[PDB]
Structures are given as structure tokens and as C-alpha cells.
Chemist: 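Encoded as C-alpha cells, here's the structure I'll be asking about.
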Amino acid sequence: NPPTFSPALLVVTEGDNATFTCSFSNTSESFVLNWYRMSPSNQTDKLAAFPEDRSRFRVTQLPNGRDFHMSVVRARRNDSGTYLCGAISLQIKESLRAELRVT
Amino acid sequence: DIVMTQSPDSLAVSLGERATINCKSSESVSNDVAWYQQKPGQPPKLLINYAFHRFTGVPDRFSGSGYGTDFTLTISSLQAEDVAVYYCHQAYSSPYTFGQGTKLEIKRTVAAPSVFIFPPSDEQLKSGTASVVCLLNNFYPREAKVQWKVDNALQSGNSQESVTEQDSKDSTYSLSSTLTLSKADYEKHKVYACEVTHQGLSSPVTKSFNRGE
Amino acid sequence: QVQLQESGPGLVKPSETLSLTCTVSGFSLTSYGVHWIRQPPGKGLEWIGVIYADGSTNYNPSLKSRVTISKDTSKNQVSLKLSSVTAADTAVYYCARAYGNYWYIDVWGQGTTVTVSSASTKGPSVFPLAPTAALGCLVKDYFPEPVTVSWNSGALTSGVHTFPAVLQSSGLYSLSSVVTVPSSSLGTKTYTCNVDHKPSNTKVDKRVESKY
């Protein structure tokens, strides 16, 4: 069972927030999910991860424990691209991709 | 300074078999670890980023794993072009140290060396020294004895051997012995031979060549 | 394309400062980080430092107070300066691009071998190795390293075997490059080696066919 990444398409304007929802909760509950931006030539570019890998892309967990809000604060026009949320079981599972548009 | 320690210093699995490489960090470098492949002479090449995702244009036979201080690089079916050194790299905190590399070499059947001998060119002969080269090509294993004979006189202390790394096409090696002599001495003798002793040769092969003809 | 072309002097006198450069092409130099890496003879990779898009740098604690990494954005170049050089700095320096918000080294440079020595440069002598069949070229008595030989401008990769250089009793280096080709092409196809010795600006295209 892989993670989810909704909505499939997210059209926001230039300046406001943009938030996706990565729904994932495995059979072990010992997981660390990443938030990568896929390049036009299939070369992921990690943005953030939960728990916050300390070393504008927010990652907050909801009370249900299965949904995670991945937010792009003050979405710039260059942020339009492909995004996905991976999941690592302590093994990796990539969620379905999704598009992000910024008018 | 986080210490990246690759456990299998030298790995020599057979052709087409699984081949994994471990790289353990002395501290939490949790998922900012990249793998690199490097061949003799050429610069490094990236294979895995973030320890799981494989780079674009990278064969599917490559896989990565690990989230704490336990990282691994796996090759489903080892290919001849996979012979190289594999370095891991941490990007968690400074000084973003690297590993020490794991030499990945192919194991195969025994092969006899194709021997070739070359006389010195009239260009070098016009400068005093004269170099004669013997060429052991596409053989296995690496251990191979080469002998030098000039007018049936066993040469010693004047040659220099050089061996290539594991070939990336048929997983073989190559050796080149270079006997360096002065022109006066090169013109004072006539028969120059190169005797090659090897595991794949029941009797040592010899390559004779006489000056002039 | 995405590239990193390094260039520097082949020789460096002891106690002097080594100057290097990494001319970039392909990506916005003000949007990616360049990391310098060292590779001592017969050893692994060692990180020298970084330079981000803002213009701030992080250096290796063991190399600090001697390293200087700057960049000329109006020239797309990254410079590396190593003062009070010793014999330990002799290595192959590599500049590399950093990709991602949580960066990783994706593209690497071609490399630049630095030989910290007092002895001057020495151009190599290219002699033929005229004769499946074999042929080659002999690169002898050069200093310092390296010598990068190719065949037919790189189009002839099959059956090429460039041996590692060997130190000589005189103190110079020497290597031999060979090629295995079929006898049916010995007459029709042209085989030439390209010996490039950067420390002395010596390029040598050599035709090797036969003798009588």
C-alpha cells in the first residue's frame, strides 16, 4: 500500500499558500515520509520531510495520523511543477504524482 | 566529523549475481546519502540520491536503502560494465564526508593472454634509447609472468611492467612489459623474444622478432 | 547540457599558493552550489568545501585557513585557492554542482591533477607501436602527470587499453596505449592516437599504420 498525494491538480495564484495532503499510515507506524519535487527530466528534488529533517515548504501532521499537510507558503510562479510524497519503512513507497499551477 | 565506513573493502562476486555494498555512518546522516561510481581515469558518476531514488539514466539493476546509520547499494544482476569503485556520501552536516570506496570486481573463467611484441621505432632509435614492448591482452587472472630474452640472454632489471584494470567488456586484464635498452646495445644483438607464462597456457608462449626483417 | 570544466596549472611549487578555476555552462550559477573535492593518488574522495548561491562558503576544518572559494558570477566561474602548499596537496581536484533544497552532488567536473613539485615540466615523446591484430602509441619521459590518450578523437573506444603510467629511474613517467583491430581493416581504416599533456601544452595526433 503506497501513500496518496491529493489533489491531483492544484491551481493557486501568485502569492498565496498551496497545500497538498499526503495520506499514509503503514502496518508498523515507524515511518519517515519525504516531499520531493520531480524535475522535467525525472530527477527528484527533496523539499521537506516528516519528522523535520533539521539540516517555505511546511509539513504538518493532522490528528488522524494518516494525513499530512504539505504547504508551499507564498507560492512563487517558478514553483509550478511536479510533486510527490515518498514513504520510507524502517523500503520506500512513492505516492501518486500531482501537478501544481501558479497563475 | 561523521565517519562513513563501507564494510566490504573489496567485493568480487560472479557475473550476473547479486552484489550489495554496505556503508555505515558513525552518526545520524538519516537520508541525505548519495552513491557514486568511478572508473579508472574517469570522474565519479552518481547512481542513488536521498539513498533511495535512482538518478535518471541509471540502470534499473541499481537499488539503494537505509535511513539511519545503515545504508546499502544493491545490484540485481551484475554486468561487466559495473566494475568500478563505489563511494557513498553524506550531506547531513559538515564536513559532508565521503566513504573510502568499495572495489567491485568481476569473477570469471580462465583465459589465455593474446601476446604481441613491438620493435622500437626508427624515431626513438635516433635518440639513443630503444624500447621494446610486449603486450598481454584479454587474459584472466591478473597474475601472469613475463620473460625477456635477447639473443637467448635472460633480461633482468631493465624492463617495466604495467597492468590495466579489469576490462569493462569481457572482464579481463591487460599487461604491457617494456624493455628499455640503448641503441648501441639494441643494434649489437639480433633476436629479441618475449616469453609469457600464465595459468591459461600449458607451455609459455614466445614471440620472436629479428632486427631488419 | 550541464557541465563543469576545470583548468589550472599542471605544476605547483612548494610553499606557493595553488590557483584553480571551474568554468560553468548549462545552469544558473546563482541558483546551484559548487563543491570542491580532492582525490589523492590512489585514495578516495575528500570534500574541500562548498559555495552556495548567496555567496557564503563552508570549508573543511582540516583545510580551513588555507582554502579560499569565491565565484565570478559575471564569468560563470568558481575559484579555489590553496596557500602554503605542501607535498600533501598533490591530488586531483574536482568541482561539482549541488542539486536540491536538501542538496546532493549530481554533476561532476573533469578533474585537474595537481603535482606539488620543484622540478619543471617535461613534454612527452610520442613513438609509434606499429605491427585480431594490435597497434598502439608509446608516451615516454614526461612530467608531471597525467597523459590522456584517445583514438580517432574518441570514436574508437572498442578494444582500447590505456595502461597506468610508470615512474622511471630518471624520475619521469611513461605509459603505452594499445588497440586491438581486425586485419581486414588494417589497410582501409585509419588509426591515430591523441596524446594530450596539459602541463606542457602538448597535443600529439599520431598515425600508426605499418613498416616494410
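The alphabet sets the chain names here, A first, running in the order the sequence lines are given. Here chain A follows the PDB entry, giving residues 33-87, 94-128, 133-145 in order. Per the PDB entry, chain B residues shown: 1-213, in order. What you see of chain C is 1-131, 140-220, where the numbers are those given in the PDB entry. This deposition comes from X-ray crystallography, 3.3 Å. Quick note: numbers below take in every heavy atom, side chains included, and nothing from hydrogens, waters or symmetry partners.
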Chemist: Do you know which of tislelizumab, trastuzumab, tremelimumab, crenezumab, necitumumab got modeled at chains B and C?
Modeler: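 The correct choice is tislelizumab.
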Chemist: Can you peek at the structure and tell me the main thing tislelizumab is bound to, named as in the PDB entry?
Modeler: Programmed cell death protein 1
Chemist: Any idea what organism the entry names for chain A?
Modeler: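 The deposit names Homo sapiens.
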Chemist: Which chain belonging to tislelizumab tops the count of heavy-atom pairs within 4.5 Å of chain A?
Modeler: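 The chain with the most heavy-atom pairs under 4.5 Å is chain B.
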Chemist: I'm curious, in chain A, which UniProt domain holds most of what contacts tislelizumab?
Modeler: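 According to UniProt, mainly Ig-like V-type.
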Chemist: By number, which residues of chain A have a heavy atom within 4.5 Å of any heavy atom of tislelizumab?
Modeler: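 The heavy-atom epitope comes to A:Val64, A:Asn66, A:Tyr68, A:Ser71, A:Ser73, A:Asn74, A:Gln75, A:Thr76, A:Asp77, A:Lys78, A:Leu79, A:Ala80, A:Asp85, A:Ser87, A:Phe95, A:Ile126, A:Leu128, A:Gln133, A:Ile134.
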Chemist: I'm mapping the interface. Which residues of tislelizumab come within 4.5 Å of chain A, heavy atoms only?
Modeler: B:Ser30, B:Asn31, B:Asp32, B:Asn49, B:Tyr50, B:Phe52, B:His53, B:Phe55, B:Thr56, B:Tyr67, B:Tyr92, C:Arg97, C:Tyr99, C:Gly100, C:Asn101, C:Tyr102, C:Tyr104
Chemist: Quick one: what name does the PDB give chain B?
Modeler: light chain
Chemist: Can you remind me what the PDB entry calls chain C?
Modeler: heavy chain
